[PDB]
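Below, a PDB structure including GDC-0834.
What you see of chain A is 396-658, where the numbers are those given in the PDB entry. Indexing begins at 1, ligand by ligand and atom by atom, following the structure's order. Atoms considered below: every heavy atom in the structure, side chains included; atoms not considered: hydrogens, waters and symmetry mates.
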Amino acid sequence: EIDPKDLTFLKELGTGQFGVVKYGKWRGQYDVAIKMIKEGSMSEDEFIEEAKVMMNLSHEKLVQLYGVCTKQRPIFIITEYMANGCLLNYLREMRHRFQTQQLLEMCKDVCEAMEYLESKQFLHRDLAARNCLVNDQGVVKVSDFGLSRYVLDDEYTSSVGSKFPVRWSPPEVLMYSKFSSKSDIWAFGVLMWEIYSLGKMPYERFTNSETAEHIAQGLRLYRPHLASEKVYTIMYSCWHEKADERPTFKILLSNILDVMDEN
Ligand SMILES: Cc1c(NC(=O)c2cc3c(s2)CCCC3)cccc1-c1cn(C)c(=O)c(Nc2ccc([C@@H]3C(=O)N(C)CCN3C)cc2)n1
């Protein structure tokens, strides 16, 4: 429980699934982001009841959830600040600057975070470049892990809703709402594709339902120009139809490190 008196609001960062997010400082020194949770946007009682595990998740490649302010309305979620914003926009804006080594390093950053989450049996549930953030030194970190569970918005929570991350979902999520470590694995593959395509929309020009239909029948994302065959093999392994044939994040990290060593 953070004392809201210790927070200084400094800048509007935009709006996300829970409403307004602001940049500020904690105790005049530490850079933070502060989600001000819009009333009715979140299952607050449920989040508060369950939130301690999420705060104890600690890793260099996670965007840390520092604490909460719950003795007030609206409630706040205080996290680590990331000066370069979300990875999807960062890729798009610096598109002509990246070397292939840096793209691989981004994949490694995310994979390390996810390997940690996997070891804690904690699901992200909405992994995608938009839910990775970038610090002032270009380090990529995974953000808002586990929060999708508390979203109150039928357009997001229903698999036929317009905000559901269909393009990041395996068949068993689309058909059965069966989330597991292996649905995060699928999403990580799509994320690697977002990285190597330098921020393109997966299945662009397909609607969500067309995407569902086509992946169910075995359609997969093509190899981006900048991805080597070894890199494509890694992302492709995430997309096995059967969840039990997909690798673990431990295995993916080993795969990524091996490519780095060869390069
Ligand atoms: C995480 C986030 C959101 N998204 C969310 O809060 C949620 C996503 C999900 C939720 S809530 C529940 C379900 C799962 C998905 C919205 C706006 C800012 C930030 C955000 C957070 N953090 C932790 C940051 O460090 C950060 N940094 C940042 C943002 C914007 C800019 C900068 C800017 O100031 N503006 C105004 C736009 C251009 N941009 C580059 C720079 C850094 N943004």
> Per UniProt, what is the name of the chain that shares the largest number of close contacts with GDC-0834?
Replying inline: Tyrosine-protein kinase BTK
> Listed by chain and number, which residues of other chains have a heavy atom closer than 4.0 Å to any atom of GDC-0834?
Replying inline: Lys406, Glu407, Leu408, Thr410, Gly411, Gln412, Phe413, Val416, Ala428, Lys430, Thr474, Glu475, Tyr476, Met477, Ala478, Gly480, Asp521, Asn526, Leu528, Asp539, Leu542, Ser543, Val546, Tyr551
> Tell me, which protein residue and heavy-atom name are nearest atom 41 (C) of GDC-0834, and how many Å apart are they?
Replying inline: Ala478 O, 3.7 Å
>> So, regarding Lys430 and GDC-0834 (criterion: nitrogen or oxygen to nitrogen or oxygen, under 3.5 Å), is there a contact or not?
In response: yes
> Which residues carry both labels: UniProt dasatinib-binding in chain A, and heavy atom within 4.0 Å of GDC-0834?
Replying inline: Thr474, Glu475, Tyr476, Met477
> Nearest to GDC-0834, which UniProt active-site residue of chain A is it, and what is the least heavy-atom distance to 1 Å?
Replying inline: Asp521, 4 Å
>> Distance under 4.0 Å to a non-hydrogen atom of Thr410: what atoms of GDC-0834 satisfy this?
In response: 16 (C)
> Which GDC-0834 atoms, with their elements, are less than 4.0 angstrom from a heavy-atom of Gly480?
Replying inline: 27 (N), 28 (C), 42 (C)
> Which atoms of GDC-0834 are found less than 4.0 Å from any heavy atom of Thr474?
Replying inline: 23 (C)
> Under 4.0 Å from any heavy atom of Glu475, which atoms of GDC-0834 are there?
Replying inline: 23 (C)
>> When you compare GDC-0834 with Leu542, is there at least one nitrogen or oxygen pair between them that comes in under 3.5 angstrom?
In response: no
> For GDC-0834, which atoms, with element, lie under 4.0 Å from some heavy atom of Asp521?
Replying inline: 14 (C), 15 (C)
> Which GDC-0834 atoms does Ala428 reach within 4.0 Å, using its non-hydrogen atoms?
Replying inline: 22 (N), 23 (C)
> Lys406 heavy atoms, cut-off 4.0 Å: which GDC-0834 atoms fall inside?
Replying inline: 34 (O)
>> Taking 4.0 angstrom as the limit and counting only heavy atoms of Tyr551, give me the atoms of GDC-0834 inside it, by number and element.
In response: 13 (C), 14 (C)
> Is there a protein heavy atom less than 4.0 Å away from atom 34 (O) of GDC-0834?
Replying inline: yes
> Any covalent bond between GDC-0834 and a chain residue here, and if so, at which atom?
Replying inline: none
>> Just want to see if GDC-0834 lands near the annotated pocket: which residues UniProt lists as binding clofedanol in chain A have a heavy atom under 4.0 Å from it?
In response: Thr474, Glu475, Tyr476, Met477, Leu542
> Hey, is atom 38 (C) of GDC-0834 touched by any protein heavy atom at less than 4.0 Å?
Replying inline: no
> Which UniProt domain in chain A is home to most of the residues around GDC-0834?
Replying inline: Protein kinase
>> What's the entry got as the organism for chain A?
In response: Homo sapiens
